[PDB]
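Structure (with bortezomib).
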Amino acid sequence: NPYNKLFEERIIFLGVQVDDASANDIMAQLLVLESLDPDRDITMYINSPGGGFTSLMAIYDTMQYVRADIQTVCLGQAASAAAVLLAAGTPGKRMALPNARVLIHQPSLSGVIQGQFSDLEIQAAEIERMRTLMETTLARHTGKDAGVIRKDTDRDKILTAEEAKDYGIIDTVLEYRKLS
Amino acid sequence: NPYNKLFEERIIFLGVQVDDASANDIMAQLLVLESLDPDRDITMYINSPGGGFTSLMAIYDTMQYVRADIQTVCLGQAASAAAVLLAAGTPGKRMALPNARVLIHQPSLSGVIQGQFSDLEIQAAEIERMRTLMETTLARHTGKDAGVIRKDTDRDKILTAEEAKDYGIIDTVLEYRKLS
Amino acid sequence: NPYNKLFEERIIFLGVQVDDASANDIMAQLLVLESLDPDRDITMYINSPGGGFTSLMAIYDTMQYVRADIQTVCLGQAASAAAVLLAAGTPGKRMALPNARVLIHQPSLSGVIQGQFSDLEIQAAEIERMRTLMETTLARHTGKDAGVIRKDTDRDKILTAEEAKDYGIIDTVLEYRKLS
Amino acid sequence: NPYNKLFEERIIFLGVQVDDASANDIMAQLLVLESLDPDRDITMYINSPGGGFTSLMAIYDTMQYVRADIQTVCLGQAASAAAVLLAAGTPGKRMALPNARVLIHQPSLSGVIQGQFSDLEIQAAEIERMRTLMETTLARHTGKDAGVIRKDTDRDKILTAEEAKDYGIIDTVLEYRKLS
Amino acid sequence: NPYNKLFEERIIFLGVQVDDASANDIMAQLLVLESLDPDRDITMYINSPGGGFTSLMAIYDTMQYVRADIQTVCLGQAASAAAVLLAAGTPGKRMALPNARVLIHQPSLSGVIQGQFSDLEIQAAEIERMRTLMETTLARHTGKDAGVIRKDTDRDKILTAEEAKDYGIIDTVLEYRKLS
Amino acid sequence: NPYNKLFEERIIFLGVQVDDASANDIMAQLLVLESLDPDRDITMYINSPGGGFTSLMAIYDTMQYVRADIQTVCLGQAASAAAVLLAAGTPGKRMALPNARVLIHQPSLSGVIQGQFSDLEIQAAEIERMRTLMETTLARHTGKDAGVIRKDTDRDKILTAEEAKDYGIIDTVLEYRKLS
Amino acid sequence: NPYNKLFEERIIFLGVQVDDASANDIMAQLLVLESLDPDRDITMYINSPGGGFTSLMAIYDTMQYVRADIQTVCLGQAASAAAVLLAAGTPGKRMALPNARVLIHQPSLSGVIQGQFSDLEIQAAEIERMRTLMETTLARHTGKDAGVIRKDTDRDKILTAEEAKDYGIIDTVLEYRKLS
Amino acid sequence: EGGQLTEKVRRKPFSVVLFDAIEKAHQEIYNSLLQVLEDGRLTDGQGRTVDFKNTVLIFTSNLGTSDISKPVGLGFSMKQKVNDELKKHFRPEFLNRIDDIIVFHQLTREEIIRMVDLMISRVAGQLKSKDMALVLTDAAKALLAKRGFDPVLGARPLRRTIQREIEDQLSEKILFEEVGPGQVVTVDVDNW
Ligand SMILES: CC(C)C[C@H](NC(=O)[C@H](Cc1ccccc1)NC(=O)c1cnccn1)B(O)O
Ligand SMILES: CC(C)C[C@H](NC(=O)[C@H](Cc1ccccc1)NC(=O)c1cnccn1)B(O)O
Ligand SMILES: CC(C)C[C@H](NC(=O)[C@H](Cc1ccccc1)NC(=O)c1cnccn1)B(O)O
Ligand SMILES: CC(C)C[C@H](NC(=O)[C@H](Cc1ccccc1)NC(=O)c1cnccn1)B(O)O
Ligand SMILES: CC(C)C[C@H](NC(=O)[C@H](Cc1ccccc1)NC(=O)c1cnccn1)B(O)O
Ligand SMILES: CC(C)C[C@H](NC(=O)[C@H](Cc1ccccc1)NC(=O)c1cnccn1)B(O)O
Ligand SMILES: CC(C)C[C@H](NC(=O)[C@H](Cc1ccccc1)NC(=O)c1cnccn1)B(O)O
């Protein structure tokens with residue numbers, strides 16, 4: 001079973017939309033591979049369209065918690081929450097495939113949430129500290145000034161893997177091994 | 001199977017929306033780990049958006065019933081009922097990841113319930129004693145005056161884990177272990 | 001598997017909405033635990049929102065049929081039929097967690113049923129003998145006069161576990177084993 | 001698994017709405033228990049809301065076909081087709097729990113079926129011989145005159161188990177065995 | 001498992017609506033029981049509401065193909081295609097339970113199919129040769145003149161099992177065996 | 001399991017609507033039976049309503065690719081794609097049951113596809129070369145002139161198995177083998 | 001199980017719509033077959049309608065990453081992403097069945113995405129670099145000038161396998177092996 | 001061979017049988033070992049009464065490796081961890097006939113250097129047979145405790161640490177030909 005043999009070789013496969021249930025699976029997998037061998041590097045494969053900030057920071061804190069280095073590899077897409085998880089790998093071990101896409105953009109409410117203006121001053125203060133935390137996280141891991149990331153994630157910033165390396169999202173664009 | 005290996009290492013994973021079926025699973029898991037070793041600490045991982053008051057107080061009473069200490073760890077979110085379950089851990093063992101979110105707010109009727117005004121004076125007296133019980137519970141576990149919590153949970157009070165420690169929801173913000 | 005280990009330790013877990021399929025599971029479980037050891041007490045955990053009268057009286061008669069004493073424990077909710085099943089435990093063995101809710105109310109048609117007035121005089125005579133049977137059942141098990149219960153279940157009567165003890169629904173509010 | 005242990009102890013559990021698929025399961029179970037021991041009594045537990053006439057007469061003929069006596073036990077509800085299956089047990093072995101409900105009523109088209117009047121003279125001749133067959137079946141098993149049952153099943157006739165014994169639907173109201 | 005023990009005792013259970021997937025299962029079962037013992041009689045239990053003509057003639061040709069005699073037993077219903085499959089058993093081995101219903105009626109388009117009149121002259125020539133083939137099949141197996149069956153299946157012809165014997169659909173109404 | 005025992009005796013069962021997933025299963029089955037014994041004849045049972053042209057030509061090319069002869073047997077229906085797959089068997093081994101239906105008709109767009117007229121000149125040139133390829137394929141396997149098939153598949157041409165033999169779709173109408 | 005025996009013989013079966021979940025399965029399968037034998041050729045069967053560009057470039061980069069040569073075989077359809085994955089095989093090992101269809105067309109937004117014009121200048125710059133990357137990829141693998149492919153994939157360019165060989169999508173049209 | 005318990009335990013009724021790594025075995029293996037905890041007798045495949053009557057049977061399982069595997073676990077953060085691993089892995093029919101369950105703890109550094117003292121004195125008797133003398137120092141003994149111990153396997157490869165780190169360099173004496181009447185050698189490798 002190919003997902004088991006990834007996990008037996010210490011590869012957590014993100015794969016899907018980052019929601020609660022996807023975040024719950026990875027934190028279960030980050031801690032088991034922490035307990036199996038805390039000194040051997042966990043690899044995290046990311047092909048996710050992102051989504052979720054509390055699901056982001058659940059995966060983010062757990063992959064920062066564990067003793068093992070997290071090797072983040074972007075496969076075809078790391079958008080929103082997933083590009084932050086892509087930068088969340090340990091320095092020197094953040095990888096991307098050459099035609100992978102890194103999409104960084106400020107947090108967004110999917111759909112309108114109603115309420116009184118006192119309720120909405122708090123839901124707006126929440127997405128503002130969701131925004132600053134997304135930028136403070138992405139500044140620790142890209143080496144930028146977090147106001148630069150606010151200017152850059154003002155809109156959808158699609159990064160090619162070669163220019164996600166220059167941005168600091170990843171550290172290495174993966175070279176091919178076709179023995180041919 | 002990573003949820004089995006959490007449960008074999010005495011970790012109950014809340015994970016989903018607190019409803020009846022989620023509450024039914026945890027009380028089944030709180031009592032089995034009570035029967036396996038009542039002197040060894042049950043750990044409860046919380047990534048829940050909350051919901052449900054009778055499902056809250058089903059999980060709450062069961063994790064207060066068992067002989068084992070409950071180590072509550074907030075992963076990315078403890079909104080609504082889940083933040084009460086997060087405070088429901090034993091003192092000194094209430095943990096949160098650094099970018100976890102604690103959201104405390106008064107009980108709310110999801111959707112309108114119709115009825116005569118005599119029916120609605122009782123559904124309002126119910127959510128009032130749902131509100132006082134949410135505040136009396138959260139005052140036993142945070143050390144606040146329960147009128148302070150009424151002022152604080154008047155609206156949605158989002159707590160960062162560092163200021164959920166100051167509020168008394170959790171006792172320790174979890175430090176990272178990456179060998180680094 | 002935590003529901004198996006409840007059932008191996010003779011704990012029937014009600015958990016969900018009392019309908020036909022939930023009633024069918026419990027009667028299958030009440031009679032197996034009757035056949036495994038008819039002199040050892042079956043424990044029934046109740047976290048149900050109720051519903052169903054023929055599903056109520058299917059569970060009710062079966063837990064009254066079996067040789068084993070039924071220990072009813074209310075977890076977070078015993079509403080409508082489930083509060084009748086909560087009183088249906090043997091005297092001295094009806095328990096509730098301290099923040100469990102007991103909700104007793106007269107039977108109700110969920111949704112309108114159409115028909116001729118001769119058809120509706122019978123559907124109203126049915127819910128009237130559903131009402132008297134709910135009150136005659138709850139008077140055998142609470143020690144009240146069954147006209148008192150008609151006055152009390154005229155509307156939704158929410159009972160806290162300490163005042164479901166005074167009402168006679170339960171016999172013991174469960175004390176904790178961790179003092180927090 | 002509690003439904004397996006019912007079936008290993010020769011108890012067919014009706015449980016759900018009598019439709020084709022429910023009728024198909026019971027006839028599969030009536031004939032297997034016929035082949036396992038044709039001289040040992042099959043017990044049929046009935047908690048069904050009824051429905052279906054060809055599904056009724058599929059279950060009815062099969063439980064009349066087999067060499068084994070059918071012990072019909074009404075749990076909380078034996079409505080329509082299920083009350084006919086409840087009377088379909090062998091004489092002396094038709095049981096009901098004390099608060100079980102027996103609901104006998106004439107066959108009915110669920111929803112309108114359209115067609116020409118020649119098509120509808122046949123669909124009405126069908127439900128008329130559905131009606132006479134329901135009354136001829138219920139007269140063989142209750143000892144009534146089949147015109148008495150036509151007068152009685154003119155509307156919905158709810159029978160309590162004590163007055164389903166007097167009607168002839170069941171033969172014994174089950175006494176409780178709580179050793180107390 | 002009661003459907004396996006039917007099939008191990010060479011009983012194919014039709015049971016459901018004759019569609020493609022139901023026809024595909026029976027032809028898989030008719031040929032396996034042909035290969036297990038081609039000289040031992042396959043029994044076909046029919047409780048079907050019919051439907052499908054190409055699914056009919058898939059089951060029909062396969063149960064006519066195999067070396068084994070097909071014992072068709074009508075349980076509670078054989079309608080449309082299923083009554084043709086009921087007559088499709090070998091002569092002398094076509095059985096019906098006493099309150100089983102046999103419903104023969106001409107083929108019908110479920111729902112309107114649109115098209116040009118040249119398209120509809122062919123869809124009408126198709127259901128006409130569906131109609132003649134249904135009558136030619138049912139005349140080989142009932143011994144009628146196939147114009148008699150056209151007069152009889154002009155509308156829905158419900159046959160009781162005693163008058164499906166007189167019609168030639170079945171050969172024996174099954175007598176009961178309850179030792180009683 | 002009757003589909004396994006078909007496949008163990010080298011019988012691929014088409015059965016359902018020819019779509020991608022049905023075509024994917026058969027090509028997986030055509031090549032495994034090619035690898036198990038490439039000199040022993042694969043039998044293909046066809047009860048399909050057709051559909052799909054790229055799914056047709058996926059099954060068609062694979063059953064033409066393999067070393068094994070494909071014995072196509074039409075059960076009750078071979079419409080559209082299925083009838084082309086029915087003719088796709090090896091000559092002398094194309095069989096049909098006597099009341100099987102062969103329906104040949106030109107390719108058709110299920111539902112409207114929108115677009116600019118330059119987009120629609122290509123979707124019409126596609127279904128034109130879908131049409132010529134359906135006729136060129138069906139002329140290699142029926143021995144007709146491919147303009148004759150264009151005249152014949154102008155509308156829905158339903159073939160009885162005896163006149164699908166005369167058309168060249170099949171080579172043998174299967175005679176019955178009931179020992180009778 | 002025929003998909004297992006494809007994978008045990010190192011055949012990855014694309015089969016379905018290229019989306020995230022289909023891309024996630026193939027990259028799991030491309031790397032396992034890389035780890036089982038990196039010097040033995042992986043075969044990729046393509047019957048896909050395409051879709052997805054980040055799912056394309058996830059499969060594309062992984063099949064370019066692995067040490068094993070990828071033998072791409074088009075079965076009945078290689079449309080959109082699939083046709084790029086079909087050209088993504090190693091030179092000399094790109095195969096197609098004779099009636100397989102290769103459909104190359106520029107990237108397209110399925111459905112409208114809303115937003116401000118600054119948001120839409122970026123979603124249009126994205127599909128423009130999706131378009132150039134689709135053409136730069138398909139020029140490395142077909143030997144064309146990437147402006148020729150822009151002229152050719154301006155609309156839907158359906159290629160027959162014999163003229164997908166001339167286009168450079170595949171290298172060999174597969175000859176049949178039916179011993180005949 | 002196999003069925004050799006005749007030549008062992010009814011040859012020696014007073015014996016000690018050690019079952020190393022019993023958690024690796026199959027269930028059916030110790031279903032035949034349920035006899036010898038109840039009765040004290042065993043039926044051989046050649047039909048012998050192999051008495052385990054006076055034999056101290058000792059089973060062995062490193063069912064504990066969690067803390068062993070670094071001071072981290074499966075959580076977000078000893079003796080009873082490996083006790084409930086026996087209950088998880090084995091059948092309670094097998095465990096309760098056993099007299100006492102003995103659990104070992106991680107060795108303190110003061111506990112390891114006494115084992116170093118016991119085992120450096122084992123080779124020291126073979127040195128004064130040739131009138132050589134390893135002049136003992138405690139600085140080298142602390143480094144043997146660091147190198148010859150890990151919390152997965154430790155105090156078993158301590159003796160290979162002695163022969164690789166001491167006895168390799170004491171062969172360098174006669175490589176440069178030091179015999180004499182006796183050479184008072186003192187060795188100390190660098191600090192880690
Ligand atoms: C860049 C990081 C912060 C993640 C981004 N945030 C979001 O917009 C998503 C939006 C979303 C996704 C799925 C379901 C519900 C809501 N993350 C959130 O949960 C969210 C919620 N409120 C405000 C901001 N973000 B991205 O859009 O995923
Ligand atoms: C700490 C908790 C009590 C605060 C919040 N509670 C609620 O708003 C929840 C949300 C909810 C769930 C089901 C049905 C209706 C409403 N309130 C209740 O549990 C509830 C249930 N019935 C009546 C009144 N309130 B949160 O959503 O959990
Ligand atoms: C107190 C006992 C009698 C149970 C109560 N009676 C009922 O209204 C329930 C109906 C119900 C309620 C909620 C969800 C689903 C079904 N019991 C019945 O089946 C019922 C049916 N007809 C009339 C009255 N009650 B309670 O509302 O469940
Ligand atoms: C008392 C016995 C006869 C059972 C009763 N029979 C019925 O009313 C049932 C209800 C029903 C079920 C399915 C479809 C249409 C109608 N009657 C029938 O089975 C039925 C089916 N087709 C035509 C006419 N009546 B009861 O309502 O279940
Ligand atoms: C009596 C035998 C011939 C079968 C009877 N005939 C029918 O009414 C059935 C009902 C039906 C099923 C599927 C799709 C459309 C219509 N007629 C057909 O089999 C049928 C199928 N396709 C076209 C035309 N008629 B039965 O199914 O009612
Ligand atoms: C005999 C050969 C041509 C198969 C024929 N199939 C088609 O016409 C099918 C059309 C279809 C059928 C069912 C569901 C969806 C699409 N061929 C196609 O896949 C197709 C696809 N795009 C354009 C045109 N046809 B059959 O319907 O005649
Ligand atoms: C060759 C590659 C581009 C695959 C092509 N697939 C597409 O057209 C797909 C269809 C699609 C899906 C989701 C959202 C928007 C569009 N294109 C994309 O993957 C895509 C995704 N986001 C923006 C723009 N295009 B195929 O249809 O040509």
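All chains are named by letter (A, B, ...) in the order of the sequence lines, taking the proteins before the strands, and each is independently numbered beginning at 1. Side chains are part of it too, since the values below use all heavy atoms of this structure and drop only hydrogens, waters and symmetry mates. Indexing begins at 1, ligand by ligand and atom by atom, following the structure's order. Readers should note that the entry appears only in part, and the reported contacts come from within that part. How was it done? The header gives electron microscopy, 2.2 Å.
In the deposited model, most contacts to bortezomib (ligand 3) involve the chain that UniProt calls ATP-dependent Clp protease proteolytic subunit 2. With heavy atoms closer than 4.0 Å, the chains neighbouring bortezomib (ligand 3) read C.
For atom 27 (O) of bortezomib (ligand 3), the closest non-hydrogen atom on the protein side is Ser80(C) OG, 2.4 Å. Not a single N or O atom of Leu109(C), backbone or side chain, sits closer than 3.5 Å to an N or O atom of bortezomib (ligand 3).
Contact atoms of bortezomib (ligand 3) toward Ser110(C): 11 (C), 12 (C), 13 (C), 14 (C), 15 (C), 16 (C) (distance under 4.0 Å to a heavy atom of the residue). Interface atoms of bortezomib (ligand 3) facing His105(C), defined by a heavy-atom separation under 4.0 Å, are 1 (C), 26 (B), 27 (O). The proximity of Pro107(C) to bortezomib (ligand 3), defined as any non-hydrogen pair under 4.0 Å, involves the side chain as well as the backbone. Residue-level proximity to bortezomib (ligand 3) for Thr54(C) is absent, since no heavy atom of it falls below 4.0 angstrom.
Residue contacts with bortezomib (ligand 3): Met134(C) is placed with no nitrogen or oxygen under 3.5 Å of a nitrogen or oxygen of the ligand (distance criterion only).
Contacts between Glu126(C) and bortezomib (ligand 3), counted as non-hydrogen atom pairs separated by less than 4.0 Å, are absent for every part of the residue. Of all atoms in bortezomib (ligand 3), numbered sequentially from 1 with element shown, those under 4.0 Å from a heavy atom of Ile127(C) are 23 (C), 24 (C).
Atom 25 (N) of bortezomib (ligand 3) has its closest protein heavy atom at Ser108(C) O, 3.2 Å. For a threshold of 3.5 Å applied to N or O pairs, the pair formed by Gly52(C) and bortezomib (ligand 3) contains at least one separation below that value. Binding site of bortezomib (ligand 3) at 4.0 Å (heavy atoms): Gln17(C), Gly50(C), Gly51(C), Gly52(C), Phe53(C), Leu56(C), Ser80(C), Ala81(C), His105(C), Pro107(C), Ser108(C), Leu109(C), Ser110(C), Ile127(C), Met130(C), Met134(C).
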Return a table of N or O atom pairs, bortezomib (ligand 3) on one side and protein on the other, at distances under 3.5 Å, rounded to 0.1 Å.
unit_1: bortezomib (ligand 3); atom_1: 8 (O); unit_2: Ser108(C); atom_2: N; d: 2.6
unit_1: bortezomib (ligand 3); atom_1: 8 (O); unit_2: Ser108(C); atom_2: O; d: 2.7
unit_1: bortezomib (ligand 3); atom_1: 17 (N); unit_2: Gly52(C); atom_2: N; d: 3.2
unit_1: bortezomib (ligand 3); atom_1: 17 (N); unit_2: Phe53(C); atom_2: N; d: 3.0
unit_1: bortezomib (ligand 3); atom_1: 19 (O); unit_2: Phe53(C); atom_2: N; d: 2.8
unit_1: bortezomib (ligand 3); atom_1: 25 (N); unit_2: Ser108(C); atom_2: O; d: 3.2
unit_1: bortezomib (ligand 3); atom_1: 27 (O); unit_2: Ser80(C); atom_2: OG; d: 2.4
unit_1: bortezomib (ligand 3); atom_1: 27 (O); unit_2: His105(C); atom_2: NE2; d: 2.7
unit_1: bortezomib (ligand 3); atom_1: 28 (O); unit_2: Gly51(C); atom_2: N; d: 2.7
unit_1: bortezomib (ligand 3); atom_1: 28 (O); unit_2: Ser80(C); atom_2: OG; d: 2.4

